[PDB]
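Drug bound: GS-9620. Macromolecule: Toll-like receptor 7.
Throughout, a chain's letter reflects where its sequence line sits, starting with A, and its residues are numbered from 1. In each ligand, atom 1 is the first atom listed, and ligand 1 is the first ligand listed.
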There are 2 protein chains.
Amino acid sequence: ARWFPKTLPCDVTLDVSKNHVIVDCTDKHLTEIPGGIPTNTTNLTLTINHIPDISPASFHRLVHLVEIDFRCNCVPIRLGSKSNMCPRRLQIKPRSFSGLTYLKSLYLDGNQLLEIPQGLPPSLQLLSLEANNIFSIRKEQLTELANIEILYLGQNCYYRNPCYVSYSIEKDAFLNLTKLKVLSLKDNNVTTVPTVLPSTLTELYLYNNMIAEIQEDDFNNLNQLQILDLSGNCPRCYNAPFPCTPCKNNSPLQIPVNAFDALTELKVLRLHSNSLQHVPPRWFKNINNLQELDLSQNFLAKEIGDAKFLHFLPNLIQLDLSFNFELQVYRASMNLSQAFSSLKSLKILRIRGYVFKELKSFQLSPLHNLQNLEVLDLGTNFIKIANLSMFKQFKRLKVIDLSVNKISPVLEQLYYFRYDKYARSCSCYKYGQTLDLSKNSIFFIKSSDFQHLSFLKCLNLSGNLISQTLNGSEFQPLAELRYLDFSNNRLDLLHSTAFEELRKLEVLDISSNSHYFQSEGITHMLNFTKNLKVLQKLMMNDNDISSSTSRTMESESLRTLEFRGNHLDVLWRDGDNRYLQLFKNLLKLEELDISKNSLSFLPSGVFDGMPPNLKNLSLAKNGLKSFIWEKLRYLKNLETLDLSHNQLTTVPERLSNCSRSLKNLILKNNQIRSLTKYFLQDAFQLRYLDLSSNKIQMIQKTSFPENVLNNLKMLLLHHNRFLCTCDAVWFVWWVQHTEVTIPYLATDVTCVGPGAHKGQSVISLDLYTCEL
Amino acid sequence: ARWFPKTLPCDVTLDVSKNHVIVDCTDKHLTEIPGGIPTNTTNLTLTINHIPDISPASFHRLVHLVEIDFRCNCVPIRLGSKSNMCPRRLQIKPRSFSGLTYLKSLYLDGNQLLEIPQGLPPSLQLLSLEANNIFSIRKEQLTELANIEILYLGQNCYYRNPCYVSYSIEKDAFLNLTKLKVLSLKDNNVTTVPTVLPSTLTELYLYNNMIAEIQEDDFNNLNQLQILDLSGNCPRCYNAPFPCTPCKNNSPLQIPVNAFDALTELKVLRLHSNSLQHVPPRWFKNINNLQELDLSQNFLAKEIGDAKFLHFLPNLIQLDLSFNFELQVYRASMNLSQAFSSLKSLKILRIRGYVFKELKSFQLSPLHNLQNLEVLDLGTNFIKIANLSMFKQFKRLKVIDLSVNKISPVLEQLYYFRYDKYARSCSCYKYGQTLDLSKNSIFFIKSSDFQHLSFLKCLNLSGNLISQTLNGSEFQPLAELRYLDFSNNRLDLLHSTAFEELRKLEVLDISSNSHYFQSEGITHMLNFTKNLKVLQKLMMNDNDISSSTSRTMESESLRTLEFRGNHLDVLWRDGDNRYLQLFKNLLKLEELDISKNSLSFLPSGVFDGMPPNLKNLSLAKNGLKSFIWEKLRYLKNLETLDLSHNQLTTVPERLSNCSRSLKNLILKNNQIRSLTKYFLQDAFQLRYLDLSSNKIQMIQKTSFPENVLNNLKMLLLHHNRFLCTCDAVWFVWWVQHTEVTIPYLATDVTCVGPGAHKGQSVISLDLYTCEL
Ligand SMILES: CCCCOc1nc(N)c2c(n1)N(Cc1cccc(CN3CCCC3)c1)CC(=O)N2
Ligand SMILES: CCCCOc1nc(N)c2c(n1)N(Cc1cccc(CN3CCCC3)c1)CC(=O)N2
Ligand SMILES: *[C@@H]1O[C@H](CO)[C@@H](O[C@@H]2O[C@H](CO)[C@@H](O)[C@H](O)[C@H]2NC(C)=O)[C@H](O)[C@H]1NC(C)=O
Ligand SMILES: *[C@@H]1O[C@H](CO)[C@@H](O[C@@H]2O[C@H](CO)[C@@H](O)[C@H](O)[C@H]2NC(C)=O)[C@H](O)[C@H]1NC(C)=O
Ligand SMILES: *[C@@H]1O[C@H](CO)[C@@H](O)[C@H](O)[C@H]1NC(C)=O
Ligand SMILES: *[C@@H]1O[C@H](CO)[C@@H](O)[C@H](O)[C@H]1NC(C)=O
Ligand SMILES: *[C@@H]1O[C@H](CO)[C@@H](O)[C@H](O)[C@H]1NC(C)=O
Ligand SMILES: *[C@@H]1O[C@H](CO)[C@@H](O)[C@H](O)[C@H]1NC(C)=O
Ligand SMILES: *[C@@H]1O[C@H](CO)[C@@H](O)[C@H](O)[C@H]1NC(C)=O
Ligand SMILES: *[C@@H]1O[C@H](CO)[C@@H](O)[C@H](O)[C@H]1NC(C)=O
Ligand SMILES: *[C@@H]1O[C@H](CO)[C@@H](O)[C@H](O)[C@H]1NC(C)=O
Ligand SMILES: *[C@@H]1O[C@H](CO)[C@@H](O)[C@H](O)[C@H]1NC(C)=O
Ligand SMILES: *[C@@H]1O[C@H](CO)[C@@H](O)[C@H](O)[C@H]1NC(C)=O
Ligand SMILES: *[C@@H]1O[C@H](CO)[C@@H](O)[C@H](O)[C@H]1NC(C)=O
Ligand SMILES: *[C@@H]1O[C@H](CO)[C@@H](O)[C@H](O)[C@H]1NC(C)=O
Ligand SMILES: *[C@@H]1O[C@H](CO)[C@@H](O)[C@H](O)[C@H]1NC(C)=O
């Protein structure tokens, strides 16, 4: 097909519209810029390599470069690999960028640079220098950046990349950058707000620094500023998972009451972890367009009961007052000021970590007529008592979050306490109203616990203590529930009527409920599915199921069953036929996951026992040592077969004689050492074949006919044990000249022998001596 | 040293007493009996190989054979490997055994034999034929066995190995085996007790068969019988994990009241799973010596409340009445007959699976004066209520077992429900009185829950629901407790006074209490250890610990800390020094397990931070990609270093220059491709080195000086990538002639190249062409 095999170890994509030729060499274990990069290349990415310097030669020919991403070719010691440390900082010779007359974006993050690289072209709008060793900014070094719009200078002086002195910025260093819109000086040991900043700024990031005081003039001219982040100046250090130095005398970040008066466009104000004890209403007199306010991680517990400043925030969309609790206090209740009722535009209110024992209905009354409220987050509060019926007054809300409490009858999980949540490195809400009770202390449930909550569409009970023999009487109010997460409980399936009161239930997760499955002699009614007549998806992973009182599960609605992490191996013990139809009467089942079931073999009858419409079958992670491929004939709708991570040593003699429907065959991470002579012959339906991470030496055209190979959307071959003799001449020619997508040709499709060619990439192999 | 390298692929042992030459070829992937077996061999084991036949050649030279163990060279299809099925039943040619005049024991189990092998010598005392296909016993085929004493014939006809007919035994088949003491016909589809059996029998196993009736004379002459097992005839089939057919009308096994009259010597009577509804006192009128009685898995719930037969069993040591509940009855209480008080010698009483809601003190009153009672097993009863103080009247007991119940304020776990618990295939009790409350529904504890139980030495609270912030007030009565198992709960370490009331605690297990360690911002006091002044061993595995409020753990007593399965990688994030002395002040710590902590590297300061007497360090399973060996100099008492299952690529240049104390170095399952030139030079302390499962090609004599090798107790080298060229000539010679124990030379110390010698064992290698 192809006339010229691409030997460049980089992905090349054309977007003809934009006008972009994209060359991506991310993580290609390079020590030089590869030769032969297309001269029309507009976007060149060299992230995560070990290229020790940049020079005039680097980009000589590439004069139509609009973006260079050269990040993390020498990342700071404590941020980088300890097994492959960078020996010596990136070296940028004079001249390296001045020729790139069209250069618009330059990323040099994480290269241990000591200075702002000079000689940059006047086309540059974005320059990024995060995680280098530049901790003194001089106006003379910024004159080259006349037209710069976005300047990232952060993470150059902080605990994971220390500079051991205070950051230094010359007076007015940035003022003549008359188009600068975004300046980030985060994580830099900065001690004062630099002045004067250009009035064109829209985004200013000064968080995680050592700024002890804001001067009243600091933001005087910033009448276009939309985002201001001063978080982490005078941090609140309790249970911080990074080294944390508070301001002395337990001072807050000192902010004069008129400090924001010029910020008439401000939309985002972030004051997280500033040790604030009060927030004066005067701050917000001239900020009427403010939409997002973050006051988490201060000392504002008392202020929350007063909060006069809220009267000045009628357009506020999101408010975060999380983790303002007083150390060593376990409040009886939450005192919300009535001033909360002035937040008529509020959609998201987060008050994690206030820390109180009992939530009462009236305590939430200031929120009753907030008609746009979508999310109420009272997580991580150690609440012991809450009558869930109080949320009958919150039908309009999308999410009510009571997660991580101690009640008894999405944000990345390290969110409020990580150092820099925006650090750049080298779910059932969609069903409707959601009550999240996950990780609480609920040991017993009864119908009245859910009185007045029939509007609920998703209930999350994951990670509670529920241990009772559910009999269809526990969720009677929840007539609209579509999704129940019951994972990480101790479900006892004594009654096959469990969950039957949830007549609209579409998704049920009872994964990680193994407790009562682990003890012999206990009744388990796995046929409880029969009563749920709109159930689509059932998850019962990691339940350690090795016994069942019922011989069959039944449903006319289920399409998806996850049954991973169980013991079908003992249920299907050789010589016991009783459970071989366990899934047969799930008549509409399309996807079955029975990975991780210790199935070292499949007894005969397993495939005959599958329900008739099975599309997606996983048998991964089973230690399967053998597989009668012909039995796939029973699976007449089989489309995806996942046999990854097993011990298989052979493929079928003729795949077409095993399944006429099979489209996607995943055989990665097995022990296959050779293919059968006619393996893929006439398997015209095959579209995806993964044989990576096996031990294949040879592939001949008889096993891999071109009439089948050319229809494949993807063919995975990497990490095998290819022998590159003259017997491999067809295989080597084909991979070099095929348009079928094969990943990791640059990385991991290599000869292991013979001697000469060991370790060499198959794509670069010259086998001319075989035709001499 | 050795003049003749041992090439036989079998372990050879001398017992001089003796008179034994033991050759063990278990699981050596043999297809023939290997040549060169010592002529003096007395015990020859060939179990689990694929030797297709036996002939007079097999054992020709071996005329001092006292035992042949030839098990499982052709296991029945459903009991054996599906990846290596046996093609053809074992073939025993004539005369193969008649020559072995001293043969006393012959095991031919699991070979698919169709008939009892003939021509066996008259010395034979033990013949074992389990799991073959012999299901018709003819007196003519037994005449060869005149002197036989032990005869195993079971598992020849049952669901895992069917014969599709009833077992057949000719009348008097065994009568003339006048020295037969042990006859086993279990798992055989037998329909009647064979008669007449020889009066010399001491043990008769007829369990798991189809015997519906015992005739009153079936055991008439067995006046020497000591063990009788009739279990699994008319089985009780509820929740059976094997195919189970009951007797029709669910009759019990019918046993005449005088059936045991001749059995005056009976010590063990097993009547498990016989669907008994009554046990007539008249059964035991002439059985005065009975010590063990198993009546589990019958229908004796009512009988337990009456039980007149117990008055006839004053010497009974063990009684098992487990799993006698009435189906689908949930009794309020346990009705134990007063007759239990006559069991004057009883030490073990097991009544699992009676199934009742409430245990009260007076219900155990029939046991108050059983002065020899040592264990009371009331597990798996679904008990909801029990005042634990009632056990103040059972201080003499060694174990009180309430495991697997529903209380709220060792037997292999497939024990009562396994088909054949004695099937042959091819803990804190030692601390004193134990109350086992594991796997219950205890969500809250207070001191009064343990009133009057101060005698307890071990409490098992594993797998409950305990979620509270322990503060030293929960276990106050337990003044003698030496061992607390608190694993699989939800420990909340808000207070560092947790557990301090247990002043005699020597072992604390708080493993798998990860729940509150998985949510950010929560207080965790890992320094609670300071208060436990005799704590020796602390297990906190799998707690997912990634954050801690205390920077240091402290103890003057702790010897052993298990900290596996946590996140020291994030606690020790590079650039965060705060936790680098977390373990330093555990001043007597000798053993530290910090495997499975995702430590792909160790930040500097980890070794300096270890406590001074650390002897045994595990860093296994961490993904370690690098290791500064010199840092071991800080660990001046280090004796064992376990780095198994990591990604290490190098060993230190000179181990002795890194650690003068190190005795045991485990490096198995790494990526090591070569040893340093002088690796072991002068490591006079080294006694144990494991380099197995790496990628070593070559080992030169400089790396392995013989003054060091000769002190090694063991050196593990198997599963590497040895190159057997003339450069390997020293290593090959050394391996062949050394006395150092190296395991698996027969199995897995092999050449991977060059071509000629691929797959060949190094021990068998002739490299004479290298000296031509
Ligand atoms: C030892 C095997 C006993 C039978 O199996 C079994 N399995 C379980 N999961 C459980 C269980 N019993 N029981 C005991 C039990 C036994 C029979 C009938 C009933 C229910 N009736 C209807 C109303 C009250 C009585 C409960 C309690 C439990 O929570 N769970
Ligand atoms: C958001 C973090 C809150 C602080 O941390 C924290 N961690 C825990 N594990 C828990 C916890 N609080 N609390 C709240 C809390 C906080 C401070 C003091 C006290 C108890 N005092 C003793 C005498 C008067 C009150 C309780 C309850 C709990 O069970 N557990
Ligand atoms: C931030 O700046 C401070 C100084 O303002 C740095 O602290 C100094 O560090 C050196 C050596 O570590 C000490 O000798 C000085 O006494 C320190 N001064 C103070 C005021 O502490 C600090 O290291 C800088 N932070 C980072 C991450 O580099
Ligand atoms: C135990 O013996 C019974 C009969 O004594 C066997 O049952 C017969 O099995 C054959 C073949 O499956 C059937 O055609 C007969 O109808 C059965 N007879 C009766 C009376 O049921 C049984 O197969 C044997 N069990 C094993 C494990 O081999
Ligand atoms: C190419 O560069 C331009 C300018 O920096 C950018 O807008 C575009 O997204 C880039 N395309 C990539 C990186 O694929
Ligand atoms: C919870 O509140 C409802 C009112 O919505 C009330 O009817 C119910 O009794 C309350 N439950 C408890 C336990 O107080
Ligand atoms: C329920 O909560 C758990 C625990 O916080 C979370 O991981 C899971 O995604 C939630 N389930 C759904 C369906 O949102
Ligand atoms: C489920 O299990 C058995 C039949 O398999 C039966 O006793 C029980 O009534 C069944 N219940 C349902 C709802 O199918
Ligand atoms: C050797 O055989 C005799 C007789 O069968 C037996 O008693 C002895 O235990 C055997 N020894 C070993 C080590 O197998
Ligand atoms: C116990 O049961 C036996 C027989 O079922 C009966 O004789 C006796 O009265 C019962 N006692 C109690 C206390 O239930
Ligand atoms: C438990 O029994 C003890 C007597 O041993 C008694 O003092 C105590 O009151 C009982 N506790 C309960 C909760 O009944
Ligand atoms: C406690 O009981 C569990 C079973 O529930 C067992 O796994 C564990 O070993 C026991 N602990 C001790 C110390 O015996
Ligand atoms: C420990 O907790 C109990 C109740 O949980 C409380 O009564 C007691 O005062 C606490 N102990 C101390 C020393 O505060
Ligand atoms: C544990 O550490 C805390 C400080 O983090 C301290 O207040 C407490 O008293 C310490 N407890 C012990 C037993 O050392
Ligand atoms: C070292 O501790 C491990 C537990 O990780 C133990 O299994 C091993 O036997 C110990 N080794 C020595 C030599 O004490
Ligand atoms: C390591 O070897 C050098 C040179 O022989 C020696 O000076 C040094 O003291 C040694 N270190 C240790 C810890 O033995």
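Put simply, copies of GS-9620 show up as ligands 1 and 2. For GS-9620 (ligand 1), the other chains with a heavy atom below 4.0 Å are labelled A, B. Here the heavy atom of the protein found nearest to atom 21 (N) of GS-9620 (ligand 1) is B:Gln328 OE1, 4.4 Å.
Here B:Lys406 has side-chain heavy atoms under 4.0 Å from GS-9620 (ligand 1), and that is the only part of it that gets that close. Given atom 20 (C) of GS-9620 (ligand 1), the protein heavy atom at minimum distance is A:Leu494 CD2, 3.9 Å. Between A:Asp492 and GS-9620 (ligand 1), at least one N/O pair is under 3.5 Å apart. In B:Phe325, the part holding a heavy atom less than 4.0 Å from any atom of GS-9620 (ligand 1) is the side chain. Not a single protein heavy atom sits closer than 4.0 Å to atom 23 (C) of GS-9620 (ligand 1). Within GS-9620 (ligand 1), counting atoms from 1 as listed, the ones closer than 4.0 Å to a heavy atom of A:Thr469 are 28 (C), 29 (O), 30 (N).
The closest approach between A:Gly521 and GS-9620 (ligand 1) falls below 4.0 Å for a heavy atom of the residue. Residue-ligand proximity, A:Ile522 to GS-9620 (ligand 1), at heavy-atom distances under 4.0 Å covers atoms 7 (N), 8 (C), 9 (N).
Among protein heavy atoms, atom 10 (C) of GS-9620 (ligand 1) sits closest to B:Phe382 CE2, 3.2 Å. Contacts with GS-9620 (ligand 1) closer than 4.0 Å are made by heavy atoms of both the backbone and the side chain of A:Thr523. In terms of protein heavy-atom proximity, atom 26 (C) of GS-9620 (ligand 1) is closest to B:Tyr330 CD2, 3.4 Å.
Heavy atoms under 4.0 Å from GS-9620 (ligand 1) belong to A:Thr469, A:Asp492, A:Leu494, A:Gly521, A:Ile522, A:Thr523, B:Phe325, B:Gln328, B:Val329, B:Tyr330, B:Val355, B:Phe382, B:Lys406.
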